[PDB]
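The first sequence line is chain A, the next is chain B, and the lettering continues from there. Here the PDB entry sets the residue numbers for chain A, with the shown residues being 4-167, 199-558, 560-654, 661-712, 716-880, 883-1336 in order. Residue numbering in chain B adheres to the PDB entry, whereby the residues present occupy positions 1042-1140 in order. We number chain C the same way the PDB entry does; the residues here are 794-843, in that order. Quick note: numbers on chain D are straight from the PDB entry, i.e. 596-645, in order. Method of determination (from the header): X-ray crystallography, 2.7 Å. Only a selected region of the deposited structure appears here, and contacts were counted within that region alone. First listed ligand is number 1; within each ligand, the first listed atom is number 1.
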Amino acid sequence: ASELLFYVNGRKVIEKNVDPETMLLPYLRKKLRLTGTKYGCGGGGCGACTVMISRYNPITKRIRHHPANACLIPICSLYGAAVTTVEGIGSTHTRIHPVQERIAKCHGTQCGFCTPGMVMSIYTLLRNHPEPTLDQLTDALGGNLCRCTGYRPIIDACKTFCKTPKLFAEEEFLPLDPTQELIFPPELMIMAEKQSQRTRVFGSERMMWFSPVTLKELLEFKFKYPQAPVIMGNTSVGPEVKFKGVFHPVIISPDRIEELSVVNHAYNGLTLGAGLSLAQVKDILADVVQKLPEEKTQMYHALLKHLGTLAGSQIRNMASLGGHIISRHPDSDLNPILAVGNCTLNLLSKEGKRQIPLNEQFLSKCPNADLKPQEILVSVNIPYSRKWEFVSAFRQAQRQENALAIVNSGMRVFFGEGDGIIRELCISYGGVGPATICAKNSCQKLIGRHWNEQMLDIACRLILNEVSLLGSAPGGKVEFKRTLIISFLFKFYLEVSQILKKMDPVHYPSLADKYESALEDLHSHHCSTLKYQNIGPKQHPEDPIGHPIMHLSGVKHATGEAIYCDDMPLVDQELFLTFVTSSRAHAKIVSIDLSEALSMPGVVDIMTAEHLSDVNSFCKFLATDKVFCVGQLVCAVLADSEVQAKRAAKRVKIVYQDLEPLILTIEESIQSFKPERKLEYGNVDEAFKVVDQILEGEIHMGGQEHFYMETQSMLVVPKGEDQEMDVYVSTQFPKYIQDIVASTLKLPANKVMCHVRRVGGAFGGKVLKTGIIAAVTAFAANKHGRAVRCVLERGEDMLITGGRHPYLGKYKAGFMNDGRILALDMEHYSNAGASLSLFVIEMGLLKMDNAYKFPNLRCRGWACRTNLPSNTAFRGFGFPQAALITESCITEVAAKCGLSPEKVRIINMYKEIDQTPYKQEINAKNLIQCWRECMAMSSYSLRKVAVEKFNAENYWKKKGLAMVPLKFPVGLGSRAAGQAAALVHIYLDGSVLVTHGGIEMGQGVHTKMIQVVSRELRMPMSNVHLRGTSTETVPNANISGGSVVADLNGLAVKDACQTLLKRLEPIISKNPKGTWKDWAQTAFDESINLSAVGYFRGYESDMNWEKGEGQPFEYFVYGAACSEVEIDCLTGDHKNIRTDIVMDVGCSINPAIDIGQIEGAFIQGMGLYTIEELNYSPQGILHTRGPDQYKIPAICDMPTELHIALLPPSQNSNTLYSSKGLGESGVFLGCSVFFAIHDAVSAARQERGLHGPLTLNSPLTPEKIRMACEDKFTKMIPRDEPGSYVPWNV
Amino acid sequence: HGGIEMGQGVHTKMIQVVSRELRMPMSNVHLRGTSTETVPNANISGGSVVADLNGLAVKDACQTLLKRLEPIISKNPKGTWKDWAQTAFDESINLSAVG
Amino acid sequence: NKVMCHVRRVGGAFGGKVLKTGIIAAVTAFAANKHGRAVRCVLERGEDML
Amino acid sequence: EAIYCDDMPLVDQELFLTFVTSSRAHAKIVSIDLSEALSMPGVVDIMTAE
Ligand SMILES: Cc1cc2nc3c(=O)[nH]c(=O)nc-3n(C[C@H](O)[C@H](O)[C@H](O)COP(=O)(O)OP(=O)(O)OC[C@H]3O[C@@H](n4cnc5c(N)ncnc54)[C@H](O)[C@@H]3O)c2cc1C
Ligand SMILES: CSc1ccc2c(c1)N(CC[C@@H]1CCCCN1C)c1ccccc1S2
Ligand SMILES: CSc1ccc2c(c1)N(CC[C@@H]1CCCCN1C)c1ccccc1S2
Ligand SMILES: Nc1nc2c(c(=O)[nH]1)N[C@H]1C(S)=C(S)[C@@H](COP(=O)(O)O)O[C@H]1N2
Ligand SMILES: Nc1nc2c(c(=O)[nH]1)N[C@H]1C(S)=C(S)[C@@H](COP(=O)(O)O)O[C@H]1N2
Ligand SMILES: c1ccc2cnncc2c1
Ligand code: MOS
Ligand code: MOS
Ligand code: FES
Ligand code: FES
């Protein structure tokens, strides 16, 4: 019956008979046509859907602004609220807001897909803190992920708001005017001013939603519908219904009930209301710890600590305290701390008040200790600590911030009296079972004992007995979890045996000098410097080549006006396509049952391989009789809406029959015929006879998800004449989309056109699978004579799409005692997934050499078919894998030689003039110069001894340092692959329209082409415009990949402009002072054509793989990278302190864009080598929930200090304006972090007496780090027999 | 091309021109329409000369394409257009032309 | 370079789809831009003749 | 199946433009009153030369 009234961007919104299942993110985009708020992941993780919620409190008479993720907000909970969106704060047609201006002009957008989310986080903080500190801004951005920029640009923009040659003019930014901000809509203030008691009701066929606005009403609805969930923030229930198949027919969702918002400062503690957000609790507790004595604020410190790392700011401002406590997540960070602190819950029912303790039995949901079905949590009591009462909280995860815990803990002690006899003890752990667990029996046995090391040894063992983990346990990481449990117990000992020394120094002993670093955690600050050339006096001041010109679409990224593929409006009567994918790794499809699915609401069609017949293949789209991996396409469900399609897809019943063998690993794939790729240089077998030492070793390397922020997206629109299709798709290869769609429809290419304006990141993962999906989508569209849209959710996308190839490298190395590798016999193995990969092996081998001359070399490679998602090409294209393995070989030799890796790197380096394994002459002057400048700027030698100084002084924390050189050759297989084309029109007003085969993915290609046009035609960039990329305008264009897009399309764009000048030479000479409008007009008047095709034939390139020699590369991008880290030997955490990068780029066409490519590549590499990890079960299922969640780098992961230098220009008359195409280059430089961690672990291994075989694999995770730092805790843990259990992973 | 189909059958005549000049069936040629995004600065479709003048421009483009493909066509006289186009791409010869 | 005009076919013209067509398109595009919306203008036969 | 301009599908949220035309051959426009017209259902805007 009730109406849903709220505001969005100042404008009233009324929905009558509203569906209560409607979420805000869909509503904004589809119903309000506000497409700036984006879909990234759909679980609150990435912050792409960040918005501002505003509410008036009629009691306190103040407007409260908080951030939130729109993907989890149900619109029925917005009654009387004011949503603000990226569009709301400014636009190009109104006026640009400063946050929008600065994030763009600081070059903080590349692909731009994360920009609106960043803007709304920044904007929201500024509305609460107009004069902020940088900490407050970076804390707000804790939940905001970016895959392109590396964060530094966004942090520079944040600094401009903080009181305290460049890429951007900070002084030119208009100042923030807090008095001229958006007024909170006055009507909502009037609505709140009358405290209506009317309980609101919304409904549909599926759901009934009750919003009680009083406590009396709330309890009345809790009696009626006892099993209905009380929705507050929807950050627990929301993700469960979204992808754990849960459904609630009745929802109770109360408004701000004053009893649930209580903040009572009691005599013996405080009572916090169940409706308070976690962010509000953090403020309340941060306030009291600053104004009460430390003796009483012990519990509030522990909660503060874990609230600092709990998700990001968006989830904290949504999630409620009561919701946290009641939802009882096993990996809850707060509940273990609450468990140990004698906290009690204030319950309330219709039939009265009640109070129960928050104990292990409550956390394990024992009915007699739980809430009754008819009652609610009103508030929680958290008492003040007494004298000699101490509490600590610990946690470890994949990264420091915005990531679920692997293990966490709360631990309390009580001594009383003052002596050292322990009188109470509660020790709770999370992430080690289905619920939070208290070691009640261990603690009972420890009562009466003293606080000494003899307690620890026994306390560790009976804890290890009590908190048992089966080797098959959910989450995996069993051996690591075991260690963390006792390693936190060790840290707790040290914290307590220190506050005791502080308070009572004569009785208790001082800590061991080397041990003290265990207590301080690894915090952060973000410093950076950017060196580059700035030509110059010779050049015309309006020539834009060399200048740091902002990305053309950058401000539109900031305002949300940039249209990405799904942002295209609803086409009349369009349908939606979604796929049923395989749930088995290698099985026979015995049957499919579409009966229930076909009958369901909105369903137009469901296609199997049968229904595609002879057009189910290219150069198979849907599975036929067998499946060969999880995530393979099986059915295509077509419906009138997205929800209807997803619903019907879940009721498609497929039954399988598993098949042997189930091949998952590379070793398993090695047991018909694979083609070999080989490089022979010198004579390896004779070299092995004349070397001081021989060394065998290997390293495995994990894959990598692309994690483009824009998921796979397309709109396929049939014209309704001559079977014409228009295909709008986020892809890197329009020509391939054209071909596969045309082929599928059995049409000539002239009927199918593919159009691409922009792609929200790609990195290689928007090519082959994109076309398969576009082919299937276009089949449906043609079949039903309707436009069809296919956009994948993040889970589907990661499963359906591939990743980077996992590698295995095997090497046998002969070397001298000074560290010269005179013989090397290399083997590469790529994990291909279900299909072939060999392109990647080839580039692996050709770029394997990197910075080093290997005078006798035998490099061999083989792609390996497994039953996992079919992996694709990735930014780096074999080099990140092939380079790491040679550095691994170098590091193992260094160890045997007693020399540092950097001495072995410099002794094996290519000389100024030298030759590659494939007989190409190279000028490695800039390789050497990059290495030297990187040693100098980083002050390597001085920091080297500072790290050795630290390591000799610290036992439980170590630092490490590494430097790595870069040679990234650029060049495709052949001349035809590197050809490119453009089309340039000059209109009679003098304005220019240009286009070309290249695709904007965030790399700023289109910006560079306008810079090229500006130079060549001698006109401002404002006078040139580009719409996008199309097969209708420029045919037969090659893939946008290989670090050469701007490089090659730039030459074609140049070619077109020069053709136009040749024609206009007569016109220009007769009127030198004339404008372009005059020249264009007088050209038309004299019948001179003002349209021209541009063309570049391509770089000459060849490779004879029989002989193993050729000229495949046009030029070489050189560099070096130094990185420093500190590790936590107890937990396995690490911090990246500093990273210095020097890079030969030739003459940069745009140093803002080119520096942005280095940072992005570097951070994408850093992730690959450290924190990015895909977990697969023994049955080939990808794990995607809990601590198994996949984590790209965040702001917390970004190096604290970052220096980037570009080497002065080098003159290369074979490329566009002597520039070098980077983009892929910097990825490998992130292994500097890998080897810095490798060094740090070696320091702990040397001190402790652990010599010999140190092979750490990539990704170098906290699991791998901590288990490498062996000690009494690693040797102590329980261990299972290898084959006695089935593991969760590997 | 810059010309507009008003019912006078201009587009039909341009495909007839393309069919003669490239020596291919009319079924192998397609036209979608007219656009300032593809062909700039086009004069009015009037004066009894639309097909007349746009036909000469369409002819001009086809001949430009043959000049480039003359090497390709002589080495393989029996070949199809698919073969000639493919081998043109393989040898970095442009297959787009203004008329 | 910001404005593109696309024409697939015309259902007869004979000279009468030039100057007034552009006037109407100019006015129509002013509205579309003003309100940030697609705008369609199709005349009835009486209006058209007048 | 031949698509003419008005045969193009409804674009999402598109508006419609129609003209008020002159009913006199040579006269002065002493005034225009858009008051009733502006208040009526669906009306987004009415433009004069102003
Ligand atoms: C992206 C993301 C990251 C996260 N990261 C972390 C992390 O790092 N660490 C961590 O510890 N947690 C994390 N969480 C979990 C989060 O803290 C909880 O989901 C949240 O605290 C639950 O609060 P809520 O208000 O959303 O509960 P809701 O989803 O609204 O409700 C959950 C349950 O509690 C019940 N309930 C709620 N209020 C009451 C009441 N007053 N009386 C009775 N029953 C009630 C409901 O009936 C329901 O069954 C994360 C969640 C997300 C989505
Ligand atoms: C590669 S040097 C270069 C690069 C960009 C521009 C430029 C020169 N000129 C020359 C002025 C020309 C002379 C020829 C016809 C058009 N008029 C404007 C400008 C001068 C002043 C403002 C903007 C520009 S744009
Ligand atoms: C102006 S003479 C003219 C006009 C139209 C066609 C034509 C000749 N040819 C030549 C065959 C060419 C030879 C060159 C390459 C392509 N093959 C088909 C045809 C023969 C048979 C069927 C259709 C056609 S299309
Ligand atoms: N922001 C952004 N940068 C990116 C990519 C991307 O998808 N987004 N892709 C990379 C890849 S894999 C390649 S091959 C190059 C291609 O463009 P370029 O040749 O102009 O550098 O861009 C790189 N940089
Ligand atoms: N069916 C049809 N035929 C038509 C017209 C038309 O609108 N429809 N316009 C005429 C006019 S006024 C001119 S100028 C010519 C232009 O086309 P052409 O030069 O190709 O004949 O077509 C003539 N024939
Ligand atoms: C198909 C898929 C990926 C590719 C990456 N780089 N070059 C060519 C490719 C062809
Ligand atoms: O060539 Mo980039 O898409 S791996
Ligand atoms: O030239 Mo025809 O439109 S009178
Ligand atoms: S946070 Fe909602 S889209 Fe990723
Ligand atoms: S620009 Fe931030 S995700 Fe691409």
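- Modeled at ligand 2 is a drug that PDB records call thioridazine.
- In this structure, the main binding partner of thioridazine (ligand 2), as named in the PDB entry, is aldehyde oxidase.
- Other chains whose heavy atoms approach thioridazine (ligand 2) within less than 4.0 Å: A.
- With a non-hydrogen cut-off of 4.0 Å, the residues around thioridazine (ligand 2) amount to A/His575, A/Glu577, A/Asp578, A/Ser1060, A/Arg1061, A/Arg1064, A/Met1065, A/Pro1066, A/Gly1120, A/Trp1122, A/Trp1125.
- The PDB records the source of chain A as Homo sapiens.
- UniProt lists residues of chain A as binding FAD; of these, a heavy atom under 4.0 Å from thioridazine (ligand 2) occurs in none.
- UniProt [2Fe-2S] cluster-binding residues of chain A with a heavy atom under 4.0 Å from thioridazine (ligand 2): none.
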